[PDB]
Q: 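I'm staring at apramycin bound to Aminocyclitol acetyltransferase ApmA and have questions.
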Amino acid sequence: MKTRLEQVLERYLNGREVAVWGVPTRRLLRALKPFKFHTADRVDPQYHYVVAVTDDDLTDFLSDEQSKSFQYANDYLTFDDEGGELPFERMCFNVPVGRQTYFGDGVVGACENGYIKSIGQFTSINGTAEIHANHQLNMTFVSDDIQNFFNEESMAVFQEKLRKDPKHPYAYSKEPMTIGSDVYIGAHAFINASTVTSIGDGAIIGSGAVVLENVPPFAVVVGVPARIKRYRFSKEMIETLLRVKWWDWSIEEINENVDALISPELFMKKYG
Amino acid sequence: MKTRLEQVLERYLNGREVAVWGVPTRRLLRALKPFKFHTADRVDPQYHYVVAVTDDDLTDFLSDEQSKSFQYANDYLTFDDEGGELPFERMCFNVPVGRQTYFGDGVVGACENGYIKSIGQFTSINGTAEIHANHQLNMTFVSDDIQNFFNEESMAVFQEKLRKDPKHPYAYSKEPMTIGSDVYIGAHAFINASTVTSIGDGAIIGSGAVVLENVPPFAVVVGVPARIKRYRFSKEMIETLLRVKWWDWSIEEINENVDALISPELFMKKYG
Amino acid sequence: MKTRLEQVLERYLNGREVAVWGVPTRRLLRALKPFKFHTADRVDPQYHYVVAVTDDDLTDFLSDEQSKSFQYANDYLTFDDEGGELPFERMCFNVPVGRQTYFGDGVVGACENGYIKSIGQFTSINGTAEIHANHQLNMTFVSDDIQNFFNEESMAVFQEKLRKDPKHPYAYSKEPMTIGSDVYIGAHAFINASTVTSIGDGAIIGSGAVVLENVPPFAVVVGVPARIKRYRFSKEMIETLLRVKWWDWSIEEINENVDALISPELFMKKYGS
Ligand SMILES: CN[C@@H]1[C@@H](O[C@H]2O[C@H](CO)[C@@H](N)[C@H](O)[C@H]2O)O[C@H]2C[C@@H](N)[C@@H](O[C@H]3[C@H](O)[C@@H](O)[C@H](N)C[C@@H]3N)O[C@@H]2[C@@H]1O
Ligand SMILES: CN[C@@H]1[C@@H](O[C@H]2O[C@H](CO)[C@@H](N)[C@H](O)[C@H]2O)O[C@H]2C[C@@H](N)[C@@H](O[C@H]3[C@H](O)[C@@H](O)[C@H](N)C[C@@H]3N)O[C@@H]2[C@@H]1O
Ligand SMILES: CN[C@@H]1[C@@H](O[C@H]2O[C@H](CO)[C@@H](N)[C@H](O)[C@H]2O)O[C@H]2C[C@@H](N)[C@@H](O[C@H]3[C@H](O)[C@@H](O)[C@H](N)C[C@@H]3N)O[C@@H]2[C@@H]1O
């Protein structure tokens, strides 16, 4: 598919040459082949778009006096940062991701696995959070890679049972999960992709939480298994929030309405 | 002793040359010295065995149309994948590992530490699972690296007390862990190498579980600390399973009795 | 700002050349600018100090027969190991770290974020442990990166409310946390940098524990969220330990009192007063 980098370069490269900051990998070279590129030496934002290969390389680049006139995404990006936030809506494999939303390699993998339908705007997911499905639980075995030994006939009856399974092994037979906007997920959290179809808008998933069922909008869930500890707002305000959907506002609307975003009391007065 | 790649090349290289896909590392070049190798350009499975250096390199390889004649393990492997599954029983730091069994870097480390006696067949361990022992808890200090300041005399006094400690700090004076066959371990799980000697065949360890005691065969454990939630099968069927040991079956046997593998009621009718 | 490597070379390089064991990186070559360095081939501790670039590189070096003449820290180090243990007290992003103390990249990042005041001596932190703060919980939004869209007037109003927030979003307006000496933190543990200011001396944080408030000295905490399960020692010996502070002892004193360190009963007979 189109990587994050490719989506950014299609939007912001603007005919410049890519200055690679770090050791180029084969995956990077494949992504840059539609573009002119070279190993960064002296860089000028009028002439160059800087791609740091790793986050390590970005730290070095941003520590260098040459980076001062380079703006995030517009002039530079990290290649190995497929979950990194962007100022525009993007695709992660074939999952739409909203603005200013970030996540780590586990969620990137879940996006590739087809476990995720969409990730909302202004959503914050700690890099250590994980999303995996259940194996089959209604067979004699729980192994998945046993199937590498299955011939065509055995694999057919095995696959056929996997669909009829109402418990959705490997996320079969279910809708991929929606992760809403203005969502927060802390370190080492886990969401089960066989048994969860929605993390509601505004949900907060605490560190260490193991989420086995849907999280309602603006619920705060903690623990193993994860349980609703409280809601962020009253029922009336949650009702208003889901109607107004400030997370779809334009940048101008976000700034014009900043007092209502900073103050829930002013939000309710204006919209509720 | 031998890395995973070396065990695979010993079995499958078949007089071909190794085509390296990705930037090589010091440890890869050490593993490749007995074999002729070169940087991959054009590759053909009749002539070449493709070694992807990193998991990212493999992703790039399998996206290239040159790869679709290449079979997993038989014609290509990832070097940085010591926990990766294989169609034959292998060694991981002198720990026997069964067919189609995979685990991540934490479990690889525990094998190197001598914490694990063996890992069974068709066993599936999430890459973020961890296995560590306890430090000593019957001394004034809990630190391990204070011993870096111990002269000869102090080290001898410290080691003699560790060796008679019935709680097996650093897994001293206990049997290394057996992990059974048809076992599942989910994300962020932990197993204490000081207090656990067996994960029974068929055991399922839920994501986030913190396992401090042996897990009986076919038990499902969850939580912090881990406690049994349920058993996969009746006591009679568990007895039957531990007798038949389908996980030692030939590939022919697996396909012939695939009906019994997918239907536990057929399994008990045929073998119970 | 000085890397761990530079701090070690400043003390131990002793006029030698750095032999780089592994593929060098941008960050390594910048840290090696003040030094003589070359790609390692044949290495001799008389002439060379070996820097493994990655931990995997270090595994390869230590499997090589040339490495048996090299002592840890004195003659070799890993570049990608900013939280690695050392025989001297060091800085990690302006955070003092005691001797023989180790931690992983999660704690290193917490150091860089300003969340940690100091980390004590002989403290063992699993590499998978994580320390981060809460976002603001008193606004309409919980996102942080929404602020990339704030103009200067919006950002000012946002930052003003964060600074007056008594629950310390992003660790605002609180003391960075102290992590004591002789501390142990297990795999996948988490400490909340918004609501924790002290992990007491001698505390044990079990694997998977989610620590949301201060851990008293020598308490053992487990669970999500973490709860005190037991103390390592009696009240009297905890008082004695906090006074003797053997973790500040010199190498000479540590070996002279090895018996008191190994047997708590002997520790109290000598120090319990
Ligand atoms: C550079 N500082 C940032 C900090 O900013 C906060 O403290 C700053 C200094 O006091 C303030 N100037 C700022 O207003 C305030 O918001 O907010 C945290 C929030 C946390 N979820 C995470 O998200 C990042 C992810 O970790 C990362 O992976 C992703 N790429 C980007 C995310 N923002 O890391 C950032 C980062 O540590
Ligand atoms: C590539 N797809 C796989 C999926 O297969 C399932 O969904 C497919 C598409 O719907 C089906 N065709 C297939 O029959 C079914 O089993 O099962 C999961 C099971 C999970 N424990 C893990 O194990 C992998 C580890 O994560 C990895 O590290 C290790 N190398 C190999 C393991 N299989 O990742 C795989 C992987 O996401
Ligand atoms: C190389 N072996 C070491 C082992 O030594 C123990 O078993 C040995 C016998 O097999 C004994 N000779 C030794 O006396 C005893 O203490 O103690 C553990 C303690 C654990 N917190 C971790 O800490 C390490 C961190 O994982 C690492 O990241 C950090 N750099 C250094 C830490 N010690 O990994 C080490 C490592 O596995």
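The sequence lines are lettered as chains in the order written, beginning with A. In order, the residues displayed for chain A correspond to 1-272 in the PDB entry numbering, which applies throughout. In chain B, numbers come from the PDB entry; the residues present are 1-272, in order. The residues of chain C that appear here are 1-273 by the PDB entry count, in order. Counting convention: from 1, in listed order, for ligands and their atoms alike.
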Q: Around apramycin (ligand 2), which other chains have a heavy atom under 4.0 Å away?
A: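 Heavy-atom contacts come from A, B.
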Q: Which residues and nucleotides from other chains come within 4.0 Å of apramycin (ligand 2), counting heavy atoms only?
A: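 The heavy-atom binding site is A:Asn113, A:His135, A:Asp144, A:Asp145, A:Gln147, A:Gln159, A:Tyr170, A:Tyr172, B:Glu85, B:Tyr102.
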Q: Mark whether atom 1 (C) of apramycin (ligand 2) lies under 4.0 angstrom from at least one protein heavy atom.
A: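 Within 4.0 Å: no protein heavy atom nearby.
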Q: Any N or O on B:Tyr102 sitting closer than 3.5 Å to an N or O of apramycin (ligand 2)?
A: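 Yes; at least one N/O pair falls below 3.5 Å.
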Q: Within 4.0 Å of atom 17 (O) of apramycin (ligand 2) (strictly less), any protein heavy atom?
A: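 Under 4.0 Å from atom 17 (O) of apramycin (ligand 2), at least one protein heavy atom found.
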Q: Would you say atom 23 (O) of apramycin (ligand 2) touches the protein, meaning some protein heavy atom is under 4.0 Å from it?
A: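 So far as the 4.0 Å threshold goes, atom 23 (O) of apramycin (ligand 2) is in reach of a protein heavy atom.
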Q: Is at least one protein non-hydrogen atom found at under 4.0 angstrom from atom 26 (O) of apramycin (ligand 2)?
A: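 Not a single protein heavy atom is under 4.0 Å away.
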Q: Any protein heavy atom sitting closer than 4.0 Å to atom 34 (O) of apramycin (ligand 2)?
A: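 Neighbour list for atom 34 (O) of apramycin (ligand 2) is empty of protein heavy atoms (cut-off 4.0 Å).
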Q: Report the nearest protein non-hydrogen atom to atom 7 (O) of apramycin (ligand 2): residue, atom name, distance rounded to 0.1 Å.
A: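 Answer, as residue, atom name and distance: A:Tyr170 CB, 4.0 Å.
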Q: Can you pull out the closest protein heavy atom to atom 10 (O) of apramycin (ligand 2)? Residue, atom name and distance to 0.1 Å, please.
A: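 Answer for atom 10 (O) of apramycin (ligand 2): A:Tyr172 CE1, 3.3 Å.
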